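Input: a single structure, listed below in C-alpha cells.
Chain A is the first sequence line, chain B the second, and so forth, proteins listed ahead of strands; every chain is numbered from 1. Counting convention: from 1, in listed order, for ligands and their atoms alike.
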2 protein chains.
Amino acid sequence: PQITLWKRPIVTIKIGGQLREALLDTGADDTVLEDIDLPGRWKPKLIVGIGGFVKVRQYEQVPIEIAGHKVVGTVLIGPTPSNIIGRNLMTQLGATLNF
Amino acid sequence: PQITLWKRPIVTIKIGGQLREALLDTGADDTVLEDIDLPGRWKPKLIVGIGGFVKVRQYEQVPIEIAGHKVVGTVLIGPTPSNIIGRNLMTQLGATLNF
Ligand SMILES: CC(C)CN(C[C@@H](O)[C@H](Cc1ccccc1)NC(=O)O[C@H]1CCOC1)S(=O)(=O)c1ccc(N)cc1
C-alpha cells in the first residue's frame with residue numbers, strides 16, 4: 001500500500017498468535033513492542049530516545065506478520081509508549097519514503 | 001525523491017540561516033531539533049518517548065528548508081539524541097510510505 005502521513009501510520013501485526021497494532025517508524029532502527037509474550041531465550045539491551053534509556057529483551061528470528069506480510073527478525077520487548085515497527089523490519093517489506 | 005530504509009533517512013535542513021541534518025521520522029508527530037537558535041517568543045511543552053520525558057520550547061510558524069523544500073511550521077527545540085522531522089512537516093512535503 002501507499003499511505004500519507006496526516007495520521008499516524010498504524011498497521012496490524014500478528015506475532016506469536018497475538019494480534020496488535022504498531023506504528024511504522026522510519027526514525028526507529030529497531031522494532032519495539034510492549035504488550036506481547038514471546039517464548040525462548042533473549043538478551044538484555046538498552047536503546048535510547050527522547051527521555052533517555054529503556055531496558056528491553058532482544059528476541060532474535062521472531063516470525064511476525066505486518067500488514068499481511070510474513071517476515072522474521074529481531075523484536076525488542078520493553079516499555080514503549082507505542083508499539084513500533086523499525087527499519088530492521090520495514091526493509092523486509094521493501095518500504096520506501098517518497099516526496 | 002524516493003528512498004529506501006537500509007540506512008537512516010537523513011536529509012539536510014536549513015533553518016534560521018543554520019544548516020543541519022535531520023532524520024525523516026514517521027513515528028514522530030512533531031519536529032524536534034537540538035542543535036539550533038531560534039528568535040522570538042515560544043511556549044514550554046513536554047514530549048514522551050522511549051526513556052520518558054523531554055522539556056522542549058515550541059516555536060510556531062518557523063520557516064524551514066527540508067531537502068530543498070520551503071515549508072513553515074512548528075519546531076520544537078530541546079534535548080533529543082537526533083534531530084527529527086516529524087509528520088507535522090512531512091505532510092507539507094506530500095511524503096508517503098510505500099510497500
Ligand atoms: C530519534 C528518536 C526520536 C527515535 N525514536 C523514534 C521516534 O519515531 C519516536 C517513536 C515514539 C512514538 C510515540 C511515543 C514515543 C516514541 N517518536 C517520538 O519521540 O515522537 C515524539 C517526538 C516529537 O514528536 C513526538 S525512539 O522512540 O527513541 C526509538 C529509538 C530507537 C529504537 N530502536 C526505537 C525507537
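What sits at ligand 1 is the drug amprenavir.
Lab note: main contact partner of amprenavir (name per the PDB entry) = Protease. Every other chain with a heavy atom under 4.0 Å from amprenavir is named here: A, B. Each of the atoms 8 (O), 17 (N), 20 (O), 24 (O) of amprenavir lies under 4.0 Å from some heavy atom of B:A28.
Proximity of atom 2 (C) of amprenavir to the protein is not indicated, since no non-hydrogen protein atom lies closer than 4.0 angstrom.
The entry's source annotation for chain B reads Human immunodeficiency virus type 1 group M subtype B (isolate BRU/LAI).
Of the candidates B:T80, A:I47, A:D30, A:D30 brings a heavy atom nearest to atom 33 (N) of amprenavir.
Checking A:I84, B:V32, A:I50, B:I85 against atom 34 (C) of amprenavir, the nearest heavy atom belongs to A:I84. The shortest separation from a heavy atom of A:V48 to amprenavir is under 4.0 Å, placing the residue in contact. In terms of polar-atom proximity, defined here as any N/O pair under 3.5 Å, B:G27 does make such a contact with amprenavir. The N/O atoms of A:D25, backbone and side chain alike, include one that comes under 3.5 Å of an N/O atom in amprenavir. Amprenavir lies within reach of A:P81, whose nearest heavy atom is under 4.0 Å from it. Using a 4.0 Å cut-off between heavy atoms, B:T26 makes no contact with amprenavir at all.
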